[PDB]
Each structure stands twice: as C-alpha cells, then as structure tokens.
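Notes on a structure featuring nilotinib.
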Amino acid sequence: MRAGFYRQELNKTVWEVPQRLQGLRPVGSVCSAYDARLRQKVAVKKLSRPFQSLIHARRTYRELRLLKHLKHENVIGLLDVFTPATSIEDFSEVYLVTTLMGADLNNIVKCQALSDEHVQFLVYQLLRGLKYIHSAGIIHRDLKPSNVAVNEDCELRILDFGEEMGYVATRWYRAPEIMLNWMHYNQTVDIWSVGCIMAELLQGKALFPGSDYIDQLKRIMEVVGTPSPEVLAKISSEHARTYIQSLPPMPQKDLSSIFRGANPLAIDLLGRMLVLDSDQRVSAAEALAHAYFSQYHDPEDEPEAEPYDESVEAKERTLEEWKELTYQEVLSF
Ligand SMILES: Cc1cn(-c2cc(NC(=O)c3ccc(C)c(Nc4nccc(-c5cccnc5)n4)c3)cc(C(F)(F)F)c2)cn1
Ligand SMILES: [Cl-]
C-alpha cells in the first residue's frame, strides 16, 4: 500500500484508498464516498480479482478503456482510477471512481407512480445515452432498472454493475434472441430492454417478470404473439426452436389494451421496441425523433461517439502482458 493511502474492511473485504476518499459506505463491491480532491460525492468500485485469469484481465482493461472512452451526460462518467500498488510487482488491485447519482430506477418505481412527463424525460435520456453507446459500436447487453442511476431531478446515467437478496433479474429484460441462443444478435437487443424498462415506468411493475426461462418465454409470446416459422428461424438456435414450437400458438395482443390509460404516443413507441424481428425494432437514434419525446428532442444535442477500437484488447497476450498494459492505463489517468 502506497504512502497517503489508508486501509479499512468493508463487509469482510479490505479496501486500500487514498486520503482524498473519505466516508466509504457500501452501496453496494461498490461504495459511495466523498472525494476531497474533486469536492463531490463519488462511487468507488474495487474490481474483483482483476488478474485472476486472462478473461478477467481482458475485462479489467476493457472496463477501464471503455469508461475512459465514453464521455456523455447520460453514461456513467469515469472520474478517477487508482491502485494501492507501489510498483508492477505488487499490482493486483484496480479501483474505479465515477459519478454518484441519487438512486436507481427501481428505487424510483417503488417510491412513486411516475407522471407521463417524467417517463418521457427518463426514457429520452436512456435513449440518448444509448444512441451514443451504439454509435461507438458497443452493445450494453444488460440494460435493466438497477443499471440506470437517477438524481432527484430525473437526470439519468447508464451504468453496468456486471440472487436471493433488491435483486433485479437480467432475465426479465433480456431480448428473446439472446434467450434463444441466436449467435448473431446485435445492438437491437438493447432496444428490447429499453421497451421493457419504459413499460415498467409506465405501469409501476415489471412487464415480463418470468420466474424461469420457460415462464419468461411464455410471458413474452403472450404479449408479442408467437413468431412465424420464418421469423423463429432468425431469432434462435436449432435447439432453442423447440422451446417456442412446443408452446400453444398465441396471437399478438393490442398494446393499447395492456397499457390502458397510457399516452397513446407511449403505446405507439413501445410497439416499435417490443417486437421479435430485429429488422423491425426502432434504432435509439430514430426513437429520439418520436413524437413521445417532442418536449425534449434536440437533433444538435444528441451526439455520436468515436468508434471504440477493439484492436489492442483483442490481441493475444499473456497475463503478465495484460498487467503491464493495464498498469500503464491506471497510471496514465
Ligand atoms: C468488461 C465490460 C465492462 N463494461 C462496462 C462497465 C461499466 N462500468 C460501470 O458502469 C461502473 C464502473 C465503476 C463504478 C464505480 C460505477 N459506479 C456505480 N456502480 C454501481 C452503482 C452506481 C450508482 C448507483 C446509484 C447511484 N449512483 C451510482 N455507480 C459504474 C459501464 C459500462 C457502460 F454502461 F457504460 F457501458 C460498460 C462493459 N464491458
Ligand atoms: Cl490519481
């Protein structure tokens, strides 16, 4: 541990941090804290065994590099990165520091029935951040209420945290083509998840709360309708097909009858997100232009990202090389 760092234990895990970070409190391996250098509250994450294996080392580097890369008002912002390591020989831990927001979307839904205007503003920001992420060539793949952080004024940022305890199941928000093991899914998977999130903000409860895999699929088909064989063929592996074929056929339901009393514009947009055929899902960029967001839409203030270049992290290297590369990335921040 460096000079100017101090150590404490937070629920049987040791944290070693610089003096500038005070009052660590599990959120939570994420803590809230006050950063005395930045003069603001922050979140701090202690990565879990970052160099345990090649895949952990690759994901450690990627998380650091990706957060360096993504600078957008609706995506969690990297503010600092540190290690208690004094040199490469004892480099074993990586800590990331980001914006801290007031709460997550689950908290919001649990405490309040959201006005239509608040739903507009929240989904607008979610899509604006998503436009930026997708323009970078990045797929989120785990959008769900616990990965969306919001302030009392409804400002929103996308994050990615990475079972019996406020647990929110990925299963409830996951595109059916991911569930059915389609090997060539693309960024539209995130639009499915946004449709699930928006539905939940509108109704105050999850739209497809499956108790298991089969129950998840049954709930989805009951609303969107059983796909044709042709569409089933492009959203599933050969083996996963049978799970769908064995269900009795279900017609598509009118979303107006599910979301009785919602803004008809909200219903219209939902029907362009919650579809099985990806060709027919609205992009994040197009969705921002929808009349549901006419209060907020501003084409000059919905920016693109530079493409995230995967070339370095994709190259084969040893665990020792990964440590050296990542150490340099940490020190350069
Ligand atoms: C290998 C890999 C990683 N990622 C990825 C990681 C993150 N990381 C964080 O969101 C993250 C990292 C460190 C910290 C400290 C935080 N902060 C955090 N974590 C959990 C909860 C909260 C929180 C909750 C409520 C209010 N405010 C903050 N903040 C996030 C974010 C992304 C995203 F969304 F941008 F694409 C992608 C993708 N592939
Ligand atoms: Cl630093």
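All chain A residue numbers match the PDB entry; in order, they span 4-31, 37-170, 177-179, 181-348. Read the numbers this way: they start at 1 and go in the same order the structure lists the ligands and their atoms. Per the header: X-ray crystallography, 1.9 Å.
- Every copy of nilotinib included, the relevant parts of the model are ligand 1.
- By contact count, the main macromolecule holding nilotinib (ligand 1) here is known in the PDB entry as Mitogen-activated protein kinase 11.
- The region of chain A touching nilotinib (ligand 1) is mostly the UniProt domain Protein kinase.
- In this PDB entry, no covalent bond connects nilotinib (ligand 1) with a chain.
- For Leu108, no nitrogen or oxygen atom sits less than 3.5 Å from a nitrogen or oxygen atom of nilotinib (ligand 1), counting backbone and side chain alike.
- Here the heavy atom of the protein found nearest to atom 27 (N) of nilotinib (ligand 1) is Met109 N, 2.8 Å.
- The part of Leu75 lying near nilotinib (ligand 1) is the side chain, judged by heavy-atom distances below 4.0 Å.
- Between nilotinib (ligand 1) and the UniProt nilotinib-binding residues of chain A, heavy-atom distances under 4.0 Å are seen for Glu71.
- When distances are taken between heavy atoms and rounded to 1 Å, the UniProt active-site residue of chain A closest to nilotinib (ligand 1) turns out to be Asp150, 8 Å.
- The N/O atoms of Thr107, backbone and side chain alike, include none that comes under 3.5 Å of an N/O atom in nilotinib (ligand 1).
- With the cut-off at 4.0 Å and only heavy atoms counted, the binding site of nilotinib (ligand 1) comes to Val38, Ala51, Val52, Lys53, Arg67, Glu71, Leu74, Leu75, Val83, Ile84, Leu104, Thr106, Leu108, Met109, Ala111, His148, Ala157, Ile166, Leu167, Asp168, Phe169.
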